[PDB]
Every structure is written in C-alpha cells, then in structure tokens.
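So that the names make sense, note that chain A is the first sequence line, chain B the second, and so on, each numbered from 1. For the numbers below, each heavy atom of this structure counts, side chains included, while hydrogens, waters and symmetry mates do not. Every number for a ligand or one of its atoms is a count from 1 in the order of the listing. How was it done? The header gives X-ray crystallography, 1.8 Å.
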Protein chains: 2
Amino acid sequence: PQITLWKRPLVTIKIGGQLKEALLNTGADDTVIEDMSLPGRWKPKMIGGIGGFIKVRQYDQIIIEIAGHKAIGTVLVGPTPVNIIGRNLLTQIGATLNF
Amino acid sequence: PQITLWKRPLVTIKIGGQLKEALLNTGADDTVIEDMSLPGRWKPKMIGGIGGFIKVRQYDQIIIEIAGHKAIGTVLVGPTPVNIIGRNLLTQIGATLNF
Ligand SMILES: CC(C)CN(C[C@@H](O)[C@H](Cc1ccccc1)NC(=O)O[C@H]1CCOC1)S(=O)(=O)c1ccc(N)cc1
C-alpha cells in the first residue's frame, strides 16, 4: 500500500500468534514491542530514545507478520509508549519513503 | 525521491537561517529540533518516548525547507539528541510510506 501521514501509520502485526497494533517508524533503527513472552534466549541491549537510554531484551530471529508481510528478525522487548516497527523490519517488508 | 531504509533517512533542512541534518520520522507526531532560538511566541510542552519525557518549547507557524521543499507548521525545540521531522511537516511535502 501507499500510506499517507495525516494519521499515525498504525498497522496490525502478528507475533507469537497474537495480533497487536504497531507504529511504522522510520526514525528507529530497531523494533521495540511491549512486554510479552517470546521463545528462546535473549541478550541485553541498550537503546537511546528521546528521553535517554534504557535496557531492553533482544530476541533474535523472531517471526513476525507486519501488515500482512512476513519478516524474521530482531525484536527488542521493553517499556515503550507504543509498539514500534523500526528500519530493521521495514527493510524486510520492502518499505520506502517517497515524496 | 525514493528513500531506502537500509540507512537512517537523513536530509538537509533549513530552519531559522541555519542548515541542519534531520531524520524523516514517520513515528513522530511533531517535528522536534535541537535547542535553538526561533522568532515569535512559544509555549512549553512535554513530549515522551523511549527513555521518558523532555520539556520543549512549541513555536507555531515556522517555515522549514526540507530537502528543498518549503513547509510551514509547528516546530518543537529542546534537548532532543537528534533533529526530527515529524508527520506534521512530512504531510506537507507529500511524503508517503510505500511497500
Ligand atoms: C518512540 C516513538 C513513538 C516517538 N519518537 C520518534 C522515534 O522515531 C524516535 C526518534 C529518536 C531517535 C533517536 C534518538 C531520539 C529519538 N526513535 C527512537 O526512539 O529509536 C529507538 C527506538 C528503537 O531504536 C532506538 S520520539 O522521539 O520519542 C517523539 C515523541 C513525540 C514527538 N512529538 C516527536 C518525537
């Protein structure tokens, strides 16, 4: 699709069998999702946002559907205002910015 | 242009007579620029994301050139670690997400 930006670019994602809402976020390198159970091990990651740096859980090679497109990659889990899909997964679904 | 998301979507902007580098950010409601002086009245605002909140000054009816395109709108100014062009100005230059 072509998504205009008059409203928040919210899409439906599917991860761990659960449907959630997430924001398509070109301003984030990484993908951050609110607390949930994911399979396998995690490793520590520090990420920086507008308020500063926080610690999150990094799960690699997670299967996640994003607006109907399958991606498999790194998902960070931690305290976020909204689930955010970052460039690591936007590139997998073939997303570009155009004007 | 069509901007790939392999790297950060950074562009050159001109605001208040100054050239700056800024992130094209679909995940941001508003535009927020590292602290600088702007003309006219302002009011305080709190904005929050990863790492919590920061206090900023809200200036309305500010003209910015974004990669050569003039747009006008609200600009927030404060201690952001990165210059952010948010949806309120991305819409004005006709920016869309496509996949
Ligand atoms: C958290 C989202 C929902 C909203 N933000 C935009 C996001 O793109 C934000 C932009 C940014 C990048 C680097 C440093 C600081 C900020 N990226 C971000 O945090 O990257 C983290 C998460 C994964 O990778 C690292 S915001 O800055 O908090 C914000 C809030 C309100 C307004 N009016 C404007 C901006």
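What sits at ligand 1 is the drug amprenavir.
Under a 4.0 Å heavy-atom cut-off, the other chains found next to amprenavir are A, B. Taking every heavy atom of B:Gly49 and a limit of under 4.0 angstrom, the matching atoms of amprenavir come to 28 (O). Taking each of B:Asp29, B:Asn25, A:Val82, B:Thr26 in turn, the one with a heavy atom nearest to atom 10 (C) of amprenavir proves to be B:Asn25. Near A:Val32, meaning under 4.0 Å from one of its heavy atoms, amprenavir places the atoms 23 (C).
With ligand atoms numbered from 1 in the order given, amprenavir contributes 10 (C), 27 (O) to contacts under 4.0 Å with heavy atoms of B:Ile84. Between the choices B:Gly86, A:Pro81, B:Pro81, the shortest heavy-atom distance to atom 14 (C) of amprenavir belongs to B:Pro81. When hydrogens are left out, the protein atom nearest atom 17 (N) of amprenavir is A:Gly27 O, 3.1 Å; that is the closest non-hydrogen contact. Counting only heavy atoms of the protein, atom 33 (N) of amprenavir lies nearest to B:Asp30 OD2, 2.5 Å.
Protein heavy atom at the shortest distance from atom 20 (O) of amprenavir is A:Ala28 CB, 3.7 Å. Residue contacts with amprenavir for B:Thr80 are absent, since no atom lies close enough (heavy atoms, distance under 4.0 Å). B:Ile47 CB, 3.9 Å is the protein heavy atom nearest to atom 31 (C) of amprenavir. The nearest heavy-atom contact from the protein to atom 28 (O) of amprenavir is A:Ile50 CG2, 3.2 Å. Protein heavy atom nearest atom 30 (C) of amprenavir, with residue, atom name and distance: B:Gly48 O, 3.6 Å. Binding site of amprenavir at 4.0 Å (heavy atoms): A:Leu23, A:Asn25, A:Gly27, A:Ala28, A:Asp29, A:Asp30, A:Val32, A:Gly48, A:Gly49, A:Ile50, A:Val82, B:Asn25, B:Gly27, B:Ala28, B:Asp30, B:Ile47, B:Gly48, B:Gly49, B:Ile50, B:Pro81, B:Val82, B:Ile84.
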